[PDB]
Amino acid sequence: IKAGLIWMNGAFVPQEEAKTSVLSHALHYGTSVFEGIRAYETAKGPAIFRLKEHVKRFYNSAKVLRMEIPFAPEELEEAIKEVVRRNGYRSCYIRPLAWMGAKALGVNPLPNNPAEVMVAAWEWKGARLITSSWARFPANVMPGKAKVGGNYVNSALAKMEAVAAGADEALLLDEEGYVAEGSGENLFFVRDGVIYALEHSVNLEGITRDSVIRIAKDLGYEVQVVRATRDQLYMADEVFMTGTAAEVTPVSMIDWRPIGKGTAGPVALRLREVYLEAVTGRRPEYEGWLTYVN
Amino acid sequence: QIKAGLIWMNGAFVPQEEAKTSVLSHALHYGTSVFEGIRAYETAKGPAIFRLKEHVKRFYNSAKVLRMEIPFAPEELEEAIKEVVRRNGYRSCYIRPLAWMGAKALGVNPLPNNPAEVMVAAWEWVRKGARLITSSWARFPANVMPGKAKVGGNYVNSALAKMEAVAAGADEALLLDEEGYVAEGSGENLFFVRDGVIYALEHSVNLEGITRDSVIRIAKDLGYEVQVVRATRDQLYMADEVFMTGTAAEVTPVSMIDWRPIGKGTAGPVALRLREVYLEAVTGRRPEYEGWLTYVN
Amino acid sequence: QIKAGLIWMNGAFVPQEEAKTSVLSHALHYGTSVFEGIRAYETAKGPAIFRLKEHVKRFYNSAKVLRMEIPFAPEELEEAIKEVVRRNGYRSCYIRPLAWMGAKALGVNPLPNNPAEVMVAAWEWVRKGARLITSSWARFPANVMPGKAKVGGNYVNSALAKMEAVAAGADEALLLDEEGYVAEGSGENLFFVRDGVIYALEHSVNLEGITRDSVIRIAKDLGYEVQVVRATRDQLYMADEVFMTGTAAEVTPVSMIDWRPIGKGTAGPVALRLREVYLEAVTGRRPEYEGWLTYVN
Amino acid sequence: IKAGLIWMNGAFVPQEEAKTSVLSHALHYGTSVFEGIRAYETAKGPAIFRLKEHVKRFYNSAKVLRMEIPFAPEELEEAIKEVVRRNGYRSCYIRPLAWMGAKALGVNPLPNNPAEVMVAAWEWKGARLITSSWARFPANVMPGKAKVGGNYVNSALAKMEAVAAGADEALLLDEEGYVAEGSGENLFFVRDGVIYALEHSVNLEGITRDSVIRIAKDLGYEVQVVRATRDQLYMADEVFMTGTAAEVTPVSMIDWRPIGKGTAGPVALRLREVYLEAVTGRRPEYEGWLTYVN
Amino acid sequence: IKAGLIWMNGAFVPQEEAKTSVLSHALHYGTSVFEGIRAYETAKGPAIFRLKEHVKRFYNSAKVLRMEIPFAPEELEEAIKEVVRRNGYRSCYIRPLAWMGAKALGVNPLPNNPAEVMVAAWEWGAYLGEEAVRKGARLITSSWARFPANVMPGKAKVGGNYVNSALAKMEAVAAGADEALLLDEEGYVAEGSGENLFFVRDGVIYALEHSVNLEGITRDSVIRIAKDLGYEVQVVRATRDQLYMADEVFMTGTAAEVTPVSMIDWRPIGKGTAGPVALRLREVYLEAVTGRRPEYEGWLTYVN
Amino acid sequence: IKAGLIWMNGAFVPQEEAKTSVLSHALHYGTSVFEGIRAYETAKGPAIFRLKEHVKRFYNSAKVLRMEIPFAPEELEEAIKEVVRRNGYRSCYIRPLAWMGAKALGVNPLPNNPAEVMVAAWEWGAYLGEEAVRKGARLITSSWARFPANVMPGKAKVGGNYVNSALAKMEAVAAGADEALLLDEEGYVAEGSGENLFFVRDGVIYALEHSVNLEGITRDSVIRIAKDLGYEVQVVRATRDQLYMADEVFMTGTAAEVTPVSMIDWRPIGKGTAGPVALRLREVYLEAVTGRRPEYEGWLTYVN
Ligand SMILES: *Cc1c(COP(=O)(O)O)cnc(C)c1O
Ligand SMILES: *Cc1c(COP(=O)(O)O)cnc(C)c1O
Ligand SMILES: *Cc1c(COP(=O)(O)O)cnc(C)c1O
Ligand SMILES: *Cc1c(COP(=O)(O)O)cnc(C)c1O
Ligand SMILES: *Cc1c(COP(=O)(O)O)cnc(C)c1O
Ligand SMILES: *Cc1c(COP(=O)(O)O)cnc(C)c1O
Ligand SMILES: NCC1(CC(=O)O)CCCCC1
Ligand SMILES: NCC1(CC(=O)O)CCCCC1
Ligand SMILES: NCC1(CC(=O)O)CCCCC1
Ligand SMILES: NCC1(CC(=O)O)CCCCC1
Ligand SMILES: NCC1(CC(=O)O)CCCCC1
Ligand SMILES: NCC1(CC(=O)O)CCCCC1
């Protein structure tokens with residue numbers, strides 16, 4: 001990974017120096033939290049998309065683990081802006097990470113507080129999905145509203161499964177059999193002119209999902225939030241997923257069954273395009289979501 | 001901090017201070033690591049590692065679950081484990097082998113990161129009984145997290161349950177499965193005794209404990225009838241005895257659950273006998289169980 | 001027997017006696033068929049089929065779930081459906097389109113049997129309210145059977161619930177989902193009314209009824225507030241009204257569930273108004289709903 | 001399908017004449033029951049394997065549907081023997097089927113009794129499995145102890161999924177996440193010399209499974225019955241499945257993870273071979289399971 | 001409990017006579033239904049909050065158990081007004097109860113119909129001050145799940161149901177918390193041992209769906225009040241961690257009124273104390289029940 | 001119910017005095033525990049079946065609710081023997097009961113400790129004849145599931161639990177059946193509204209696993225008896241259709257003894273009448289409880 005200078009607990013250092021004890025609690029028990037934040041190039045230079053909203057979730061994830069982050073939100077935000085500038089990035093993916101150190105290896109993480117923190121970044125047909133044989137964890141098994149390290153063993157298993165089956169991404173159902181979300185994407189589907197966003201259920205409350213719903217509504221679409229089954233998606237006119245890295249990705253096939261016309265549909269493509277216009281500063285109406293680094 | 005000393009890092013030992021890895025390591029972000037807990041006990045004939053092969057086999061089995069490739073043959077890992085005891089001059093210690101996905105990429109898919117990085121570290125190492133509290137967090141279903149493997153990510157569930165129990169004033173947490181049945185402790189297999197019979201809980205969503213396996217064999221050799229069953233919280237509440245097993249936990253009696261005393265309210269005779277015979281076995285004082293020991297020197 | 005008369009068999013009509021298929025047909029052994037329920041009502045301007053396109057669209061959608069190929073374009077099927085009414089001289093009738101996997105092979109995998117065989121048949125076709133009993137059979141979870149499609153196999157579940165209710169002295173069965181919440185009748189979507197508000201049950205594991213959709217539109221046009229929610233059996237027990245919808249069932253008031261009277265214990269005013277407006281709509285007596293009708297002659 | 005003469009409600013008729021109304025209840029609602037019975041060639045001619053046991057289950061399946069079979073067990077057995085003789089079969093698969101006719105199309109099948117019956121027959125590396133995203137129905141959703149037509153929509157979905165993913169067969173989990181069985185095979189796994197048969201849970205009580213357990217025990221193996229998870233199979237020394245058509249089939253890989261050595265193992269191969277010896281009349285000890293037609 | 005005169009099947013009697021056979025079906029099998037109604041003192045005398053709505057539920061709960069209440073709703077309402085008057089109470093908690101008697105002890109309660117009915121009322125010993133309200137309630141998620149909708153009738157106030165509430169409450173208290181937060185069997189948030197839950201996030205007030213919870217009248221009242229004040233209210237299903245990161249969390253109930261929640265599972269909610277929204281809702285709610293809100297007088301039944 | 005003299009917290013009193021406050025916690029929240037014990041007449045006087053085992057469970061049920069029973073097990077056992085003697089009973093049903101009193105009415109029952117205790121006993125009005133036994137009981141699977149192990153304490157005889165049993169029993173009766181068969185939330189067979197289930201298939205006797213059911217003493221007794229007679233007994237989890245195709249099905253309970261099941265959900269079991277195994281087990285069981293089986297005298301406690 002070409003990260004370059006990484007912010008390590010207060011100070012930037014060369015990538016090669018950004019290391020941590022192999023006895024770190026997080027490395028053994030998945031006790032870490034992270035975020036996914038993107039910077040896009042605009043006519044006025046790099047702009048970070050919904051920075052504060054992402055940082056807030058970062059601290060929220062930490063609270064779920066009762067993990068203590070030894071920095072104020074403002075400092076992390078400044079670190080995030082600086083990881084872009086110092087590395088001379090224009091368009092990049094920023095990865096803040098807080099993890100429990102190597103003070104002790106009992107399964108209880110509290111003794112390891114405060115958490116160590118770092119911020120790294122690196123320059124940045126229709127998706128085919130397969131329904132995973134791995135269900136997304138119930139809300140009382142793993143904290144699904146938080147981006148906690150350990151949670152992604154579940155995403156990792158589903159992703160490898162999908163790829164091995166010849167698809168691009170996995171669609172996970174909850175333990176009851178209802179659609180949940182992709183290994184790392186929130187789901188949407190369109191039917192008879194109406195855009196359906198799936199309820200939060202056990203899924204993460206996506207910021208891209210949020211942005212897409214606002215944009216859809218601003219464009220005049222009717223948007224409903226519902227619980228959905230796989231066959232509701234099979235027969236939808238369109239299906240698409242959202243996420244910081246994934247942006248707005250159309251889904252043209254699920255479980256080898258074509259969605260609608262079998263290729264990216266007009267609604268998803270339009271939302272994606274307007275979303276890209278929003279993140280690149282071409283829409284005054286969404287300027288409030290941007291934080292120009294320069 | 002942890003006083004581990006020399007740590008085996010992918011083929012060679014290095015000072016603990018040098019045993020570090022990139023913060024961009026896949027496992028540090030996604031919980032994609034596997035580990036083991038192995039113990040060496042002091043015996044009249046030097047340190048002896050308890051059931052080393054079974055532990056290493058499970059280490060590789062856990063890796064297979066994540067489709068993780070361990071770039072070392074089992075024999076090499078076993079040697080590294082014996083050497084971590086020697087080189088550090090340990091007599092009694094907890095050994096922690098760990099394999100994790102490195103920093104080649106950060107997509108959720110771990111495969112592009114193979115082979116895994118590997119390290120082995122180690123550090124020198126009842127009457128009243130333990131007090132448990134049933135967690136408000138259920139152990140993950142068999143199709144949510146691989147409960148038969150010691151996969152790093154799995155322990156977020158254990159961590160949450162453990163903090164909860166300690167916060168409530170208990171020693172350890174007792175987790176139920178999503179259906180409401182007893183599963184296991186945050187990191188211990190459960191047993192209970194009623195009317196002379198020893199009940200080992202079914203594997204269900206729990207890890208197939210090696211200590212559990214040992215205590216069952218021992219119990220049968222002592223002449224106890226052992227049954228494997230599914231259990232509810234109130235079946236434990238009215239048990240004569242309840243105890244936990246684990247490499248670190250060994251055999252620990254449980255005297256109270258959810259503020260309800262178990263039997264007499266103190267460690268029971270059955271759990272104590274099992275514990276005593278187990279400690280005799282791991283310390284080379286039981287000829288019939290010598291096959292379970294691997295002498296370091 | 002059934003008096004269907006001329007039946008459309010894969011492209012052409014034949015006497016009912018000739019409308020037969022191999023007993024080695026995949027669908028006869030594995031439930032691999034899909035079907036629809038469509039009605040034609042008599043109007044001052046001749047027979048009219050209610051929402052023909054929506055029904056045909058669902059027919060194809062159901063086929064997609066089984067990855068079944070229907071060797072006919074929607075337009076041809078729609079024509080066959082109009083012709084089944086004409087050729088038999090029906091004025092009011094129930095139309096049953098059916099596509100099933102033939103007899104090319106009997107491995108559980110249906111794909112080798114594509115394309116599907118297709119046929120369309122039809123046969124000529126409240127106050128006290130219906131009595132329901134909650135079934136001891138739960139409607140299948142969304143990852144067990146495709147509850148959004150009218151797949152033949154799905155109805156073993158419906159058949160079991162229906163026989164049970166009738167045996168218990170009730171008219172129809174009310175099924176719950178595996179979690180314990182109300183799902184739907186053996187073949188009817190459920191609604192309930194409380195304090196002036198009409199509650200349509202969420203789709204959950206139920207079929208997305210076309211009659212349900214019609215009654216919701218009608219209800220809103222009449223000025224009623226309509227909410228879509230999840231419901232428990234006792235929320236129905238204390239409702240002012242409860243009613244069922246389906247192509248065959250139309251709009252049927254429910255006066256009792258599990259021997260517990262609903263509201264006054266007879267059909268309620270809201271269900272009756274919805275029913276009345278629906279029958280006016282399907283009989284061409286509502287200009288605003290003409291788009292839902294397809295006149296045969 | 002080359003079936004030849006088919007027994008149709010009391011009398012044999014040419015295949016082409018073995019037809020039923022497209023208005024048959026079973027064709028619309030999956031209300032039928034069937035069996036899978038095999039005949040193997042022996043030195044003394046064709047021998048049907050565990051005939052009576054299969055017929056008993058046939059009638060048992062019917063009781064679950066409250067379906068009335070208008071023939072006595074003895075008659076069906078005679079029909080089954082005759083479908084082999086008359087067609088001059090040596091080794092074949094026999095398929096008895098009872099289905100609800102076209103008397104009425106209400107979802108309730110009772111009015112359609114008695115059921116129509118027929119009996120047809122036709123001459124007869126390690127399997128790679130993938131875990132299905134379709135769970136086998138709970139015991140209060142579909143009658144899993146009976147071979148009821150409608151049940152197989154669930155098997156059909158799982159099978160197509162597996163094949164489409166590049167595997168040979170699907171492994172289904174129950175709704176709780178535990179291993180259930182294949183789309184149409186009971187599961188077994190071996191670990192440290194012990195043979196583990198999965199409990200019945202929501203699975204069909206396989207006759208091949210039964211035979212295999214008896215054989216295993218007769219051979220001296222220790223056999224236990226347990227509930228199992230997918231990772232218990234992932235780490236087993238061996239895994240295999242049973243069924244009339246499948247016989248004893250070794251499983252060398254599940255979800256792209258090799259089982260043991262990655263090829264058919266010694267235990268499964270041995271059980272399979274002894275099973276074939278039993279069904280072909282080479283084992284006096286199992287002669288009781290055979291019914292010679294000639 | 002100092003109840004004084006208690007209405008027993010049609011007539012008032014001293015508490016000492018308000019007793020029933022220890023062979024009563026309900027004492028052995030939880031076959032009873034009850035209500036929790038409050039009378040708040042006003043300058044015009046005691047006013048009972050939403051009496052008919054509570055009485056309708058009392059009868060609705062009885063229908064679930066197929067229990068027959070041998071009195072017209074109007075008789076019960078009169079009894080409820082009189083228990084207040086006859087005891088000279090001002091503010092007080094009213095507890096109507098209908099239970100299966102001692103005719104027989106088979107599990108089937110039908111042979112025991114009609115049910116016996118009683119209405120008792122008593123005064124409060126103490127009230128939480130504003131300081132305590134502001135500190136907020138501390139919750140702990142219970143290891144006991146609220147019963148699925150096909151196990152126990154969650155929309156009815158059936159006695160047997162409260163064994164579940166009792167287990168969770170004792171658990172929470174033993175853990176050092178004030179109240180328990182129960183999840184449903186699926187892992188989602190249900191309600192307190194006896195309180196409906198709400199949470200506020202980014203300006204929006206979220207009321208939890210009914211799922212397996214009781215359809216609280218205080219919950220209903222709070223929603224109406226919130227909307228009348230201009231707040232946006234949404235009804236959703238929620239997880240424990242959605243509450244952990246909410247700006248505010250609060251619970252409702254006749255006895256609990258509107259109670260701010262400052263911490264759940266040792267994780268502070270928002271600022272760690274009661275927030276402005278819950279406190280504002282509590283105030284308006286109290287102004288409503290004490291007859292100081294003209295727009296809500298329709299909810300009050302003055303005893304005098 | 002004609003109980004006569006009833007033991008009330010340490011002393012016997014006429015039934016008429018055996019009453020408790022209608023403000024008792026258990027009457028409002030199902031917070032009670034009870035037992036079902038029988039005394040069978042013998043030529044040596046009444047003999048109580050497995051008294052200590054029943055008493056141990058009574059106390060075990062109390063521990064689940066964290067209910068304090070202010071009497072030593074020995075005192076209760078004496079009370080149980082005396083209720084029989086003092087009423088001059090021969091064969092009779094004994095019902096011990098401990099319930100939370102009227103100290104306070106918050107859901108938490110702890111403030112109400114210690115619990116009140118009573119022991120009542122009464123005679124049977126009628127018994128099933130062999131003809132009825134042979135016809136067998138007809139069951140119907142309930143639409144109510146037995147509570148999961150983390151919702152209601154299924155191993156304890158807690159009053160509140162029986163709301164679930166009551167709902168299922170009424171349902172079965174209304175449907176025209178004799179008893180209800182409940183499944184667990186997962187869809188598997190649990191037990192009757194108050195009876196443990198067994199089924200026989202191809203010579204083997206299958207006792208159902210404990211899962212969420214009560215660990216029946218009659219169930220335990222039947223298993224011991226079956227094995228002593230040479231039958232092979234296996235313990236398994238079962239589905240409704242495994243019972244549909246069983247050779248025989250029967251249920252056990254103190255009141256139900258050993259009852260043959262001839263039909264479930266309108267589907268006949270085996271021959272459609274009681275089978276030889278269940279009838280044989282019932283006979284030996286009855287010979288045991290009536291003191292005609294020397295090998296089982298250890299299970300009997302003679303009152304005189
Ligand atoms: C990060 C993530 C998402 C996407 O959320 P965004 O805020 O839109 O980036 C979706 N699902 C999971 C499981 C995630 O971790
Ligand atoms: C390691 C572990 C155990 C104990 O297993 P042993 O082989 O006996 O050390 C039990 N449960 C969990 C979750 C574990 O990780
Ligand atoms: C056909 C059917 C309905 C009714 O749907 P309509 O489109 O209104 O005819 C409801 N439930 C099930 C299970 C059905 O098969
Ligand atoms: C027929 C069948 C089997 C195999 O049973 P055998 O009696 O061994 O042929 C296994 N599973 C299912 C679902 C089946 O239908
Ligand atoms: C009584 C009760 C409430 C509160 O409802 P209100 O009508 O507002 O008094 C909430 N939950 C439960 C379980 C209750 O019994
Ligand atoms: C009392 C009871 C039984 C019977 O148990 P026995 O000890 O044999 O009397 C069975 N099920 C339930 C739910 C019970 O309460
Ligand atoms: N698809 C990717 C993410 C989400 C996203 O930003 O689309 C989830 C897994 C971990 C990496 C991020
Ligand atoms: N209680 C501890 C362990 C198990 C054990 O060895 O008892 C599980 C959590 C991770 C550390 C090990
Ligand atoms: N009640 C009937 C239907 C639905 C309907 O049209 O109301 C479902 C079962 C199959 C026949 C149709
Ligand atoms: N694999 C096949 C069967 C089972 C068997 O005989 O192995 C199940 C699906 C329907 C055809 C039979
Ligand atoms: N916390 C109390 C109640 C609710 C209430 O009024 O807040 C529920 C249990 C039964 C008594 C009432
Ligand atoms: N059928 C009755 C009992 C069991 C029995 O003794 O059979 C359970 C409910 C409570 C009374 C006892």
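Within every chain, numbering begins at 1; the chains are lettered A, B, ... in the order of the sequence lines, protein sequences first and strands thereafter. Counting starts at 1 for both ligands and their atoms, in listed order. Method of determination (from the header): X-ray crystallography, 2.2 Å.
Short version: main partner of ligand 8, named per the PDB entry, is Branched-chain amino acid aminotransferase. The molecule at ligand 8 is the drug gabapentin. Heavy-atom contacts below 4.0 Å between gabapentin (ligand 8) and other chains occur for A, B. The search for other ligands and ions under 4.0 Å from gabapentin (ligand 8) returns ligand 2 (pyridoxal-5'-phosphate).
Below 4.0 Å from some heavy atom of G187(B) lie the following atoms of gabapentin (ligand 8), by number and element: 1 (N), 2 (C), 3 (C), 4 (C), 5 (C), 7 (O), 8 (C). Gabapentin (ligand 8) has a nitrogen or oxygen under 3.5 angstrom from a nitrogen or oxygen of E188(B). Residue-to-ligand polar distances place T247(B) within reach of gabapentin (ligand 8): an N/O pair is separated by less than 3.5 Å. If you check which protein heavy atom lies closest to atom 5 (C) of gabapentin (ligand 8), you get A248(B) N, 3.3 Å. Checked against a 3.5 angstrom limit, the closest N/O atoms of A249(B) and gabapentin (ligand 8) fall inside it. Note on gabapentin (ligand 8): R96(B) sits in its first shell, one or more heavy atoms being nearer than 4.0 Å. By the deposit information, the source of chain B is Thermus thermophilus.
If you number the atoms of gabapentin (ligand 8) from 1 as listed, the ones under 4.0 Å from a heavy atom of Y94(B) come out as 12 (C).
Neither the backbone nor the side chain of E36(B) has a heavy atom within less than 4.0 Å of gabapentin (ligand 8). The binding-site residues for gabapentin (ligand 8) (non-hydrogen atoms, 4.0 Å) are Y29(A), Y94(B), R96(B), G187(B), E188(B), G246(B), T247(B), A248(B), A249(B).
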